[PDB]
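Summary heading: complex between celecoxib and Prostaglandin G/H synthase 2.
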2 protein chains.
Amino acid sequence: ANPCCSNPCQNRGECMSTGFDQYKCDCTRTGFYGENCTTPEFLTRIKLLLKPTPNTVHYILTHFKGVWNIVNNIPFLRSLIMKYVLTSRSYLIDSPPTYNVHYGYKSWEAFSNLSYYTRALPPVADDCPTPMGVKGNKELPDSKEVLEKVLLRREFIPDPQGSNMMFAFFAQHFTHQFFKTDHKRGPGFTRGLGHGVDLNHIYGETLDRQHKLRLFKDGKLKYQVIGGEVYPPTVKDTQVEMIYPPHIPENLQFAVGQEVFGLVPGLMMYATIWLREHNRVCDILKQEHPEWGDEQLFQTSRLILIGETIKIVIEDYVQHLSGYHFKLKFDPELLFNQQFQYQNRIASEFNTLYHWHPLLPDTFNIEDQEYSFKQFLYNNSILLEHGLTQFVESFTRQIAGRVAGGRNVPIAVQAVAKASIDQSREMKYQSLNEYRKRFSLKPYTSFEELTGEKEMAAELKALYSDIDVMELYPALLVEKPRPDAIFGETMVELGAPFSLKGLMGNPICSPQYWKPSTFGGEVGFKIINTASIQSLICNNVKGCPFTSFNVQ
Amino acid sequence: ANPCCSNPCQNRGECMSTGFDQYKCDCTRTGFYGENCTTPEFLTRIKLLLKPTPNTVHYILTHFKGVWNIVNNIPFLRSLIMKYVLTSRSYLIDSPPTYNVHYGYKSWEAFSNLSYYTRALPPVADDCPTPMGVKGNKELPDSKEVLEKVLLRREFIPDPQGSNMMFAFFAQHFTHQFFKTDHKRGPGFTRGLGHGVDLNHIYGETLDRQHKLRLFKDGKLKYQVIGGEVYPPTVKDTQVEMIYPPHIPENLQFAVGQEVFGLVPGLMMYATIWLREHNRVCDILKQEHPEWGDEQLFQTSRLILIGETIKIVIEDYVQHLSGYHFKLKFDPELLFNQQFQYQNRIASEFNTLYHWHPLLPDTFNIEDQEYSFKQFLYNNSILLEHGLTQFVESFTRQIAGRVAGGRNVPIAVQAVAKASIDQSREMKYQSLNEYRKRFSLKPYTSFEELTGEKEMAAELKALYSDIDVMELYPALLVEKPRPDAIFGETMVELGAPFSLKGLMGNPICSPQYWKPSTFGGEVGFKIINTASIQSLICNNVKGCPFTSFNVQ
Ligand code: HEM
Ligand code: HEM
Ligand SMILES: *[C@@H]1O[C@H](CO)[C@@H](O[C@@H]2O[C@H](CO)[C@@H](O[C@@H]3O[C@H](CO)[C@@H](O)[C@H](O)[C@H]3NC(C)=O)[C@H](O)[C@H]2NC(C)=O)[C@H](O)[C@H]1NC(C)=O
Ligand SMILES: *[C@@H]1O[C@H](CO)[C@@H](O[C@@H]2O[C@H](CO)[C@@H](O[C@@H]3O[C@H](CO)[C@@H](O)[C@H](O)[C@H]3NC(C)=O)[C@H](O)[C@H]2NC(C)=O)[C@H](O)[C@H]1NC(C)=O
Ligand SMILES: Cc1ccc(-c2cc(C(F)(F)F)nn2-c2ccc(S(N)(=O)=O)cc2)cc1
Ligand SMILES: Cc1ccc(-c2cc(C(F)(F)F)nn2-c2ccc(S(N)(=O)=O)cc2)cc1
Ligand SMILES: CCCCCCCCO[C@@H]1O[C@H](CO)[C@@H](O)[C@H](O)[C@H]1O
Ligand SMILES: *[C@@H]1O[C@H](CO)[C@@H](O)[C@H](O)[C@H]1NC(C)=O
Ligand SMILES: *[C@@H]1O[C@H](CO)[C@@H](O)[C@H](O)[C@H]1NC(C)=O
Ligand SMILES: *[C@@H]1O[C@H](CO)[C@@H](O)[C@H](O)[C@H]1NC(C)=O
Ligand SMILES: *[C@@H]1O[C@H](CO)[C@@H](O)[C@H](O)[C@H]1NC(C)=O
């Protein structure tokens, strides 16, 4: 019935119903006019001709290694380039946020209710004749069919970028501070009211939990020593609620910021590394500030670890993902004479696109052992058995799986992949191509253009019939990868903007925050500005083991 | 104890303790350097010489009536001027917010905890030797003494700007959506988690309350008809919690967004006017959108009333307060090519400075009657007795009191003035002069310079001894007023920045919001862009009585 069910309005024009059968597009500031915001304004046509495609730009970022080598060493050029990578993307994210699972038009409820993931594209109205709007059949294809036919791994396909398990677990650990779906309410709701990098996964969402996690001397987090090694405290000692299956002995129930982290030893590894890091920074701060009390030492340390986390993500993590020869930089100052909103809201689609389960291997290989999924999950002995050092050495060596290119979701975790499909539909996601369009990408004209091959395309075609009805999530995992890259174009172009907004939108990047005293002086500031995945592990793991995000 | 107690750092440098007895100032981006951020940089000296004082600028805004008359009629000049008034102030507010009652240094707790009023200046550390830091005596003067000596009204001093009761009650009504101190926690905490103009005082803080207040047809708010006139529903019909003394009969317990509004008939007057307005905009929207359901009609109407509210406040309310000959304009577009944070956090100091109780008259005069405080409070009969029309006519005629200039707090309300003093101290406010310095104002060098007279100055001197120990709140009510103005310099210069930030920071002012479809089309948009205090009363109060914020 809804006359906007067709997504009539293009180039970001907003569709509004003007009577039961008519509609109108608001093209304000889109750069286009006409009934459907498809006729470009003169100034808009220039831009549309002087605008390289993302695939061109990526090509330039991943070639001319010699030229980038020179740029990387001219601080003022490096700054000019990073500033461009930061700002070019800004315009792709609504901020303040707009829509959510229940609101396809702006409302105060949508803006003000922090429990919702926000939405880059509004849901398909409940009374549209098809799931994707007006196109396709009354129902989407059997999710199980799509799962089995183009998603499930036959043979393990390694990531050509050499991503490793140190990377896979870092992504899970880091992303799981802001992806915390509140399943009691539904898939489109969140328990991460911080809506960003606040390290609630170390310190807790709520003051109540934070306080159980704290030692209240020297600003430190409680911890225990086992075989001379530092580890998170126990549930028994802290009373913080954790999710453990009943058969887990009280002494193995580790308490950390995030209630789910006890479930995977990879998580607990990072949880332990970051716990050590926080207490480490405390000793540094106390040294500088014998006048300081427990609160200030604690809060300052937290501010510093937020900085470290943003640094490592941009300069090591995204760096490695990108494959860029240009050396990415974490420098808030680059946005200071620029228009930018220091605020963020986690988008449902960001969450969805970030279900990188293909990363996971068939077995988890530590030292001599090869642990099956069954053996690895909820088994922290494995951690105590080998220790952090051996975990880091091992995970640095084991290659992670390719995410795009299709057929690489481990069977052990198929239920999670099916849910990703089913819950997308539940949330009334628009189609792959609508999302491509929304991110300034050219719609795919056939399934074969999407996959870059024939077999999976043919299966997808038989299932969906029309490319314009293809779904975002599966498309992501099935897409033709960039050359020797871990992802396809859609993943990158949707992901980068959400990612940089959540990184740079954090308040410590704001002018009033981004200064030495915020972090307890120049020595605190330097911890942030010199932080790296290597130092993090080096400072906190015994024998300062070498690590990196790819199998060297 | 704390080295930072004396407030050593100037020009917005941050004080940090470097050892028990030393300190350091972070002057990053202040424009000054040196141990105390007092030595200006070359570029800073130019600015400091080409910068007119606020008292000069005010003079220019309130004279040359002929010139402003021309500027007000050249749309592009009017736009250039308002843009300057908007932006000149921006730099005075920390956004993202920084400090609060418990945090004198930035922390994630301070930033993230939405229950706190933020702070424009950090509290005085708990272990400073004096209340103001290092200056003054171990305790401030008897708050009662200050109350009685320079705050209590002998004779009613009328506002020379001719502010009236329609104005007084509008400020109470409007401000009381974002000033809602949570007294269970303490004076530095708020129940207004919207931290701005969200009209929760009409619609409720929580979804639960909103829903009890709503009719669920045509997007309307419940209401009742009494003697052919429309009024808010009752507590018995709705179950919404209100604050009424026990002797109030169930049929007089009106339910509205803000639990406290039943306490003053002036509040209930506006509460009724805005309730009517909301249902009025619903009829308009249904007419335009017969396709629309109850939710969308309700939410859109709310978006529109937010807009109307921001419009009226800038173009009528602040207009009248300012005394400016320049015609202020509500135009979000003026900030679109500008650096600005669409976000806000209510400052404790804003709350404090807005305790405009001197506005209140000795009696409330409606038609023939002269009601005492005792008779007026919690008495909604008075409203049903005379009706809205007669209330508007009467309150348009009755002059309000002058706020600055001293000795004008009605005795009936002395307890509230004392609390304002006591709770300031409880929250560890810095001194008047610290706050002056913080808003780029020149410290007062004597009490006589503050009051502009001798008698109240002498009393204040005998009480405080040192001008540099004088307190913000009393100073506000006692200050020498601008010429024939309602306020003194300190009130204006502190007040204006907080005020404009809360008005313009609202998301509907953000580019992705400020467009017709957000408000259900050009007809909804036009309601916002033509709204005025007069159109509000006229479309909603029988007889379309003439109203205004000032006495005729
Ligand atoms: C290591 C073994 C893993 C298992 C057994 C697993 C399984 C699951 C399960 C059951 C969920 C939904 C429940 C939850 O919140 O935890 C989930 C969600 C998710 N997974 Fe994983 N996963 C694993 C690793 C990873 C990795 C490496 C990533 C890469 C970032 C990842 C990304 C995500 C994301 C972003 C969600 C959504 C979380 C939420 O909405 O709360 N997972 N996975
Ligand atoms: C109409 C008769 C009025 C009465 C009986 C009254 C009384 C009070 C009382 C008892 C309080 C503190 C009570 C509490 O917060 O629990 C208060 C606070 C306050 N008053 Fe008034 N007042 C009146 C009018 C006004 C007006 C015209 C203004 C002008 C703006 C005003 C400004 C304020 C403000 C800003 C607060 C702070 C409340 C908060 O922090 O949440 N009042 N008033
Ligand atoms: C963010 O949006 C959420 C979804 O709208 C809100 O969650 C919903 O709030 C309601 C309570 O405020 C619940 O509705 C039910 O309403 C009936 C009416 O009479 C009550 O009796 C019920 O007790 C109440 N709940 C139950 C158990 O039936 C919704 O169930 C509730 N949850 C969901 C997922 O819809 C959030 O409240 C909102 N957040 C904020 C801060 O307002
Ligand atoms: C914003 O900051 C507020 C002020 O710190 C927080 O409010 C405080 O949270 C505490 C709950 O975590 C309460 O403290 C008490 O702690 C002991 C622990 O052993 C409990 O037994 C007590 O029952 C608990 N309070 C009670 C009911 O006695 C504080 O009372 C509470 N309020 C104040 C004024 O401090 C807010 O929690 C915080 N907001 C967020 C979102 O974290
Ligand atoms: C979820 C997500 C997706 C992308 C990014 C990201 C950000 C950036 C940058 F440079 F803008 F910072 N690049 N970049 C990126 C670029 C290219 C690839 S690739 N090698 O798969 O084509 C992979 C990642 C980050 C997070
Ligand atoms: C609480 C508060 C305080 C000041 C203002 C304000 C804002 C503005 C402006 F500039 F933005 F338009 N002026 N302006 C203002 C200016 C001058 C006076 S006056 N007649 O007392 O000197 C009174 C008010 C608003 C709210
Ligand atoms: C209204 C005309 C008199 C005002 C000036 C009074 C100076 C302060 O006088 C005070 O008056 C208070 C209010 O009645 C009383 O509660 C106190 O006992 C008294 O000290
Ligand atoms: C917009 O395209 C044209 C108007 O130029 C119109 O025929 C069409 O109906 C509109 N879009 C859709 C989906 O039909
Ligand atoms: C957990 O790991 C331990 C130690 O390596 C192993 O012996 C045990 O079998 C594992 N338990 C499960 C249920 O996999
Ligand atoms: C800052 O002012 C000067 C340093 O230039 C010095 O006299 C003074 O003591 C410093 N701080 C204080 C406490 O005034
Ligand atoms: C309330 O007002 C009514 C009529 O306006 C008046 O007669 C009555 O005395 C007042 N009641 C109180 C409680 O003062």
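Chains: lettered A, B, ... by order of sequence lines. Just so it is clear, chain A uses the PDB entry numbers, and the residues here are 18-569, in order. Per the PDB entry, chain B residues shown: 18-569, in order. All values below come from the heavy atoms of this structure, side chains included, with hydrogens, waters and symmetry mates left out. Start at 1 and go down the list; that is how both ligands and their atoms are numbered. Header entry for method reads X-ray crystallography, 2.4 Å.
The full list of places where celecoxib can be found here is ligands 5 and 6.
Lab note - other chains with heavy atoms under 4.0 Å from celecoxib (ligand 5): A. The set of residues with a heavy atom less than 4.0 Å from celecoxib (ligand 5) is A/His75, A/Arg106, A/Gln178, A/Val335, A/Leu338, A/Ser339, A/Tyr341, A/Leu345, A/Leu370, A/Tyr371, A/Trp373, A/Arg499, A/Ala502, A/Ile503, A/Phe504, A/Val509, A/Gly512, A/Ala513, A/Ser516, A/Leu517. For atom 8 (C) of celecoxib (ligand 5), the closest non-hydrogen atom on the protein side is A/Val335 CG1, 3.4 Å. Close approach of celecoxib (ligand 5) to A/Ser516 (heavy-atom distance below 4.0 Å) involves ligand atoms 25 (C), 26 (C). Residue A/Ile503 approaches celecoxib (ligand 5) through these ligand atoms, each under 4.0 Å from one of its heavy atoms: 21 (O). Of all protein heavy atoms, the one lying nearest to atom 15 (C) of celecoxib (ligand 5) is A/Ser339 CA, 3.8 Å.
Interface atoms of celecoxib (ligand 5) facing A/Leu345, defined by a heavy-atom separation under 4.0 Å, are 10 (F), 12 (F). For celecoxib (ligand 5), the nearest UniProt active-site residue in chain A, with the shortest heavy-atom distance to 1 Å, is A/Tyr371, 4 Å. Considering only non-hydrogen protein atoms, atom 11 (F) of celecoxib (ligand 5) sits nearest to A/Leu517 CD1, 3.4 Å.
Interface atoms of celecoxib (ligand 5) facing A/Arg106, defined by a heavy-atom separation under 4.0 Å, are 11 (F). Close contacts of celecoxib (ligand 5) with A/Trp373, meaning ligand atoms under 4.0 Å from a residue heavy atom, involve 1 (C). At the top of the distance list for atom 10 (F) of celecoxib (ligand 5), counting protein heavy atoms only, stands A/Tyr341 CE1, 3.3 Å.
Regarding atom 4 (C) of celecoxib (ligand 5), its nearest protein heavy-atom neighbour is A/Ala513 N, 3.8 Å. Between celecoxib (ligand 5) and the UniProt substrate-binding residues of chain A, heavy-atom distances under 4.0 Å are seen for A/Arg106, A/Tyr341. Taking every heavy atom of A/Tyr371 and a limit of under 4.0 angstrom, the matching atoms of celecoxib (ligand 5) come to 1 (C). Summary of contacts: the protein heavy atom closest to atom 22 (O) of celecoxib (ligand 5) is A/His75 NE2, 3.0 Å. Atom 23 (C) of celecoxib (ligand 5) has its closest protein heavy atom at A/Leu338 O, 3.4 Å. Filtering the residues that UniProt lists as binding heme b in chain A by heavy-atom distance under 4.0 Å from celecoxib (ligand 5) yields no residue.
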